Structures are given as structure tokens and as C-alpha cells.
Number of protein chains: 2
Amino acid sequence: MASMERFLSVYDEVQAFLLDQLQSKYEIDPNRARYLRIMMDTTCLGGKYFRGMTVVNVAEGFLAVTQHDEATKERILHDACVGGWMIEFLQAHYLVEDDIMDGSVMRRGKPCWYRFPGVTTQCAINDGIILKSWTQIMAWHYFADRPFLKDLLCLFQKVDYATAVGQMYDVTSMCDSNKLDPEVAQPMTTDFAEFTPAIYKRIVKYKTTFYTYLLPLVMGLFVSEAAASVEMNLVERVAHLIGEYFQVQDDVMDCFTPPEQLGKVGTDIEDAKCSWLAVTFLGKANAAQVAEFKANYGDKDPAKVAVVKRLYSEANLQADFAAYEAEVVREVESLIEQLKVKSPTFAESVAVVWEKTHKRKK
Amino acid sequence: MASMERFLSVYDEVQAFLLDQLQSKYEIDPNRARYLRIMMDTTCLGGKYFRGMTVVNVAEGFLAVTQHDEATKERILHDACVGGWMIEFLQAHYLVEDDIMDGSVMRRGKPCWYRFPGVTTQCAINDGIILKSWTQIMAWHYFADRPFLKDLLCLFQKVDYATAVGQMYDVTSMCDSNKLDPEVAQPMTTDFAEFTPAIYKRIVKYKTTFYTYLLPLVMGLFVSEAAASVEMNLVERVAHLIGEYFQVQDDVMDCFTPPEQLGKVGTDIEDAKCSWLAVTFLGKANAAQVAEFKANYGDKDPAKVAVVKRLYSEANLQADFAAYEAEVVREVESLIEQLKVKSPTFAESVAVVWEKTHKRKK
Ligand SMILES: O=P(O)(O)C(O)(Cc1cnc2ccccn12)P(=O)(O)O
Ligand SMILES: O=P(O)(O)C(O)(Cc1cnc2ccccn12)P(=O)(O)O
Ligand SMILES: C=C(C)CCOP(=O)(O)OP(=O)(O)O
Ligand SMILES: C=C(C)CCOP(=O)(O)OP(=O)(O)O
Ligand SMILES: [Mg+2]
Ligand SMILES: [Mg+2]
Ligand SMILES: [Mg+2]
Ligand SMILES: [Mg+2]
Ligand SMILES: [Mg+2]
Ligand SMILES: [Mg+2]
């Protein structure tokens, strides 16, 4: 695709600036510099680019309906692409750490960064932190001058914090709230009482909807100076909605999509994750299905995992997903309809994002 | 001490705000809220507070020589204390991750956060990231309104990045630059050719002098609006100097201070760290001392470590430290003398910081 290449060319610009700066203000030798180019390529590239592309889409949207000089068109698109990369670098950061926290094996068809032979956990934690700093380095370099800079950075760190908070929700989801205590070794739940639709939704709201949807949509508005031309409550509500759906597909895919298509290998069952499959399962299963699940869930044993998979198939959980999906389509089309009142171009952007998300295979 | 208590009371304010906000905008249950109060207390408290106190000192300095209304005095001190906590929270973040990367056991007389039974590595990585976000949450809450806010946040992230970059230098210091490669398992150096004074100094410049000295000194100026009344090159140079010395003491203490006085247990020998002791040792030892060191360094074996300790004692490395220290006193007093020309009050601040650093025991 010819817009993908234009986005990626801005990466090459950004990568060059970052690496030049390291050699020239941070006294880095070429081998460490090389290491960081590979760390940036490995953790920032080979994804769908839908977070960053989303910023560009929103910006091109306002550009088609507004008068601008050719140079402003250019600047604005360039700003959109750098903004896009901030979010991709923000994601890279989170995935590096997440793969560590989750015990993952592959991502984008390659081993997870920390599993690289010359990397390891000790380095990966810090590479992760580098990824996050890079995002602030870009912002300050490319946007120091822009009227949207405070707003952009205030949003970004609010989104970053929601995500970290959401991450803490996810990684403690298999613990009984009342037993959770830094002094005491955390035992897994036996009741699964907190695998509810409400709690599931809280987890996913924070760990994924802010950075996956809210941030790119609102950033696209910021770099367009168009935030006053939209109902912000509608934007928040639609980003939460689509973002929840996006995480539901992620959960479904963890268990049911073969790793070669997915580019990563599922770990939710092993990890005892409060995943959409698990919550939906516990919502429809009988007494004997529940008990069989309690005795097999949250263990690396390939045979116990096989059982949970067989339980999930038995429970016919694809019916539940069709119902789920049908309701989300209702509400998304609704919210897009509402967005049309003050901003038809933006609601068209939302519709493209939704379309891409709905039709996803990996 | 009665200024320590006033600083800590601002923590209680900040802690309350952060935790209230979680319950009221982030839907946190009391048990997760509790977990984060203990994580904040454990990682933010029980240290010397010299980074944050340093901001307060600098601010009180400009307040004694300037006319202000009683309310501005108050505001400015409050701002200084919140600024101070940003750096303490920034340090907390770095120590949580560092203890993981370094394989440490204790800090401030308690197990390292990740070694807590109810915490673990998976949670600690993220608690760490929370710590860093808290710093931006404070800034934006307390200072959204202040004229120094861009400057403060631009500096902070520049300092944060230098540190992360310095961390990558430290954790790869026992690798031969030319062998370092993400695809290939990293073998320790056999030559120790990169354990030089120049390389040592580059490591420490980035991993410690920016956040330990540059940031608090410059932040104290920012919240005082007094940055134009100082020679910034002199500030940078003195912060680098004192900060290097501070890391040298840290290295010396790692090996030679008993854990009960230190509050942490040394790991530099085991970890193959490019530490001041190692570099100085390699700088004065004979052919047979060097070879004996090469065969014992970078191994957890208590007996190989015993040997490196015995080699360090043999080499009479406390003479070298006295010479080192005598030269730093020369240059610090020099730089403080220079600081007196445009700003005598600030140079007095620097002198207090230096005095505290020089006379430290843990
Ligand atoms: O590993 P993946 O891709 O399956 C999965 O999506 C990863 C993921 C989702 N949301 C976040 C937020 C921060 C870091 C990682 N995140 P999950 O949430 O299931 O770990
Ligand atoms: O663990 P400590 O206290 O001995 C030691 O000081 C810790 C340390 C120094 N500088 C940094 C910067 C970021 C994180 C940790 N840092 P070291 O550098 O020797 O790990
Ligand atoms: C569910 C979430 C938010 C994590 C998976 O992220 P993506 O599937 O967007 O990862 P890439 O496309 O960037 O590989
Ligand atoms: C050498 C450095 C910079 C790390 C040790 O930091 P401190 O010795 O300042 O840690 P606390 O006083 O905060 O425990
Ligand atoms: Mg994961
Ligand atoms: Mg996860
Ligand atoms: Mg997943
Ligand atoms: Mg350490
Ligand atoms: Mg270290
Ligand atoms: Mg140390």
C-alpha cells in the first residue's frame, strides 16, 4: 500500500534523527547504535500500523474539507506521521514489557524481543524504557514549536498512565481481590468470581482502548487543530467501544487462531488470564463444565490446556461472539451516526477505523 | 530533621491525590489501591531524600535573597517539594527496574520490591512503569498552570532519556563492543579492555549524573524562575563532577560497606560490572594480579568473589580513592568559586549538596 510506505518513510526520518543524536550528543559507539537500530526495527516494525495510520487517516480527513496551502498540507501530514509513530513507539514499549510479563514466545512472526539471544530480560526491560523515552524525544523535537504541544503531551501521558493501570488490572486478574497483598504470595482464584463481564470490561477499558483508539483518534484531531469541531464525549465512547471489540478479537485469536496466521503464540489459558473466552464460558457453562474448567485453567500443562480448549469448543463460544459482534455493530453505527451531526468527515474516519477493525484476521 | 518532615508531608498530599484519583477516575478497588499505596511507600520512601531535598534547598536559597509575599514563599516551597517528589518518583522507577536488571536482593534494608512475595518480576516491571507515570501525573496536576512547565517537562524527559541510555551502557559494560549483537548470545569480555577511566566516566555520566544532580539543581532553579541568573555551563559541569563522585562512592560501598550499614547487598563483582574498583584495579595491578582477576570476576561463586575482594584489598585501592577524592574537592571548590560570580546563593546551595555528598556513609 502506497500510504504505508509514506508513513514508513517518516520512520526512517525519525530513526535517523534519533540515531544521529545518540552518536552526536550521547557518545554512543556504532555497535550500541546498531543494537538500538535493530531493537527499534524489531519492536517498532512489522505490525499492522493501524494505530499510527489511524492518526494519518483522521488528518487526511480534515484536509479534504478544509482550505490550506500546499505546505501546510505537507506539514500537517508530516505531523500526523510523527504523531502516529509516537503511538507506535508507545505500543512497542508496552509490547516489549508485556511479552516479558506474559511469558510470550513470538510476536510478528519473530521471537519476542527479550527472547533474542543477544538481548535477554535484563536488557529488554531497559530497551522498553528507551522506547518510551524515544516518544518524548520525537514530540519535543518535531513539535516543540506547535500550538497543540501541551494538549498532545497531556493526553499522551494520561493515555500512558491509563494503560499502565490497565496492565496492573490484567496481570492481577486471576487473583482474588481480597487476597491481593504485596507481603503474601498471590494464589490463583478458585472461585473465578471476578471473571465477570463488568470486570472484564474495566480491565480492557484501561489496558487497551485508550492507546489503541482514543489516543490515535484524538491525536489526529490535535494535529489537525480540529478538536473543537467534534463531540468529545462521542469520540471517547466510540473509542472505548471499538477498543473493547478489538481486545475481544484478540482474546478469541489467542486460543483459536493458528500461530502462523497470528504471528504470536497464545498464552492466556496458561497465564490464567481473565479473557473474553473465559468470562463468556463461565457465563453459559453448566456445573460440570465450570468444575472441569476450574481444574484445568492456569497451568502450562499442554494437556490441561487441551481440556480448556475442548471446553471452549463444547460451549459453542462462536455463537456468543456473533451476538457480541452484532451488538457492537449496532452501537458503533449508532455512535458514528451521532458523530455525523457536528462532524461528517470525522465520523467517516471512525467508519474506516471500524471497518479495518471489524475485518481483521491477525 | 524538621525540613524532611515538611517534604514528607507533601508526599502524603501527593499520595492522597494520586490514590483518590485512582478510586474516582480509574475505578480501582480498595485492595489494588492498597497494593499501590504499599508499592509507593516501599519504592518511594526510606531513602536519604537527597534528590528531592536538593530542589528544596536550591529554592530556599533564592527565597532568602529575594522579596516575596508570604503566599509566594509558600507556593514556591510547595512547588519545590512536588518537583522534588517527581525526581524521587523518577528514581523509585529506575531502582525498581535496576534491582531486577542487576539481580539485587535488598534496598533500604528491605527486600527489593520484586522480591516481595506478593509482587514478583511480572508485577514489578509494571509497578515500575506506574512510578514513572505518577511523575507526569503530578507535574500536570500541580504545575499545568506554571510558566516553567514546558521547561520543566522538557528537561525531565531529557534527563530520563540520558538515564535510560546510561542504563543501557551499564548493563552492556561487560560485553566487548564489537561482539554486541541482538542475534548472538553475549559473552563476557576476557580482555577487560573497555574497563577504562574514559569509558567508566561515560557510563556514569548518563546513568547517574543527570537525574542525581543536574535535574534537582536545575529544577530548583526552574521553580524559582532563577535559571537566567546562573552560568548554565557551570551548573552542568558541577553536576557531572559531583555525580561522578557520588557513583564512585556507590561502587566502593558495593564491595566494602557491610550490608547492614548500606541497606543493600553488593552485586557488582558477580554482575561483572565496569565499576570504579575494577577500573582502578586494572589501572594499577601487575600481570599476575590482572590474570587472577580475569579468572574470578563476573561469577556468583562466593569463593571467586572472595578472591576479587582480596585482590582489591591487596591493590590498596583506598589510596587511589583518596587521590581521586582530593582531585574532586579541588575541582568542585573551583566550580563553586566560579558559580559565585553571577550567583553566590546558588553556589552556596551547590556547596551544601557537595558537603552532604562528601560526608555520606550509605
Ligand atoms: O500480548 P497480546 O498482544 O496478546 C495482548 O493484546 C497485548 C496487550 C493488550 N493491551 C496491552 C496494553 C499494554 C501492553 C500490552 N497489551 P494482551 O492484553 O492479551 O497481553
Ligand atoms: O543498584 P545501585 O544503587 O547500586 C546503583 O547506583 C544503582 C543506579 C545508579 N544509577 C542508576 C540509574 C538508573 C537506575 C539505577 N541506578 P548501580 O548503578 O550500581 O546499579
Ligand atoms: C490487543 C492489543 C491492543 C495488543 C495487540 O496489538 P496489535 O495486534 O495491534 O499488535 P501489532 O498489530 O502492532 O502487531
Ligand atoms: C548511585 C546511585 C545514583 C543509586 C543509589 O541511589 P541512592 O543511594 O541515592 O538511593 P537512596 O538514597 O534513594 O536509597
Ligand atoms: Mg500479552
Ligand atoms: Mg498482557
Ligand atoms: Mg492477547
Ligand atoms: Mg543496581
Ligand atoms: Mg545497575
Ligand atoms: Mg551500585
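In what follows, every chain begins at residue 1, and chains take the letters A, B, ... in the order their sequences are listed. Every number for a ligand or one of its atoms is a count from 1 in the order of the listing. Values reported hereafter were calculated over all heavy atoms of this structure, with side chains retained and with hydrogens, waters and symmetry mates removed.
Among the choices tapinarof, azumolene, minodronate, the one modelled at ligand 2 is minodronate. Counting heavy-atom pairs under 4.5 Å, the chain with the most contacts to minodronate (ligand 2) is listed in the PDB entry as Farnesyl pyrophosphate synthase. Every other chain with a heavy atom under 4.0 Å from minodronate (ligand 2) is listed here: B. Here is the list of minodronate (ligand 2) atoms found below 4.0 Å of a heavy atom in B/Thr163: 12 (C), 13 (C). With distances taken over non-hydrogen atoms, the option nearest atom 3 (O) of minodronate (ligand 2) out of B/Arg107, B/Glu97, B/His93 is B/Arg107.
Atom 12 (C) of minodronate (ligand 2) has B/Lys207 O, 2.9 Å as its closest protein atom, hydrogens excluded (heavy atom only). Atom 16 (N) of minodronate (ligand 2) has as its closest protein heavy atom B/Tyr211 OH, 4.0 Å.
Nearest protein neighbour of atom 6 (O) of minodronate (ligand 2), counting heavy atoms only, is B/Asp250 OD2, 3.2 Å. Looking at B/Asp102, B/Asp271, B/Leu95, it is B/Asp102 that brings a heavy atom closest to atom 20 (O) of minodronate (ligand 2). Using a 4.0 Å heavy-atom cutoff, B/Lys273 is absent from the residues neighbouring minodronate (ligand 2). At a 3.5 angstrom cut-off on N or O pairs, B/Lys264 counts as close to minodronate (ligand 2). For atom 10 (N) of minodronate (ligand 2), the nearest non-hydrogen atom of the protein is B/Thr208 CG2, 3.1 Å. For chain B, the PDB entry reports the organism Trypanosoma cruzi. Heavy atoms of B/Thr212 found under 4.0 angstrom from minodronate (ligand 2): none, in either backbone or side chain. Residue B/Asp98 has at least one nitrogen or oxygen atom sitting less than 3.5 Å from a nitrogen or oxygen atom of minodronate (ligand 2), judged on distance alone. In this structure, residues within 4.0 Å of minodronate (ligand 2) (heavy atoms) are B/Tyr94, B/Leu95, B/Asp98, B/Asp102, B/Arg107, B/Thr163, B/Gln167, B/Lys207, B/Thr208, B/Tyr211, B/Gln247, B/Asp250, B/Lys264.
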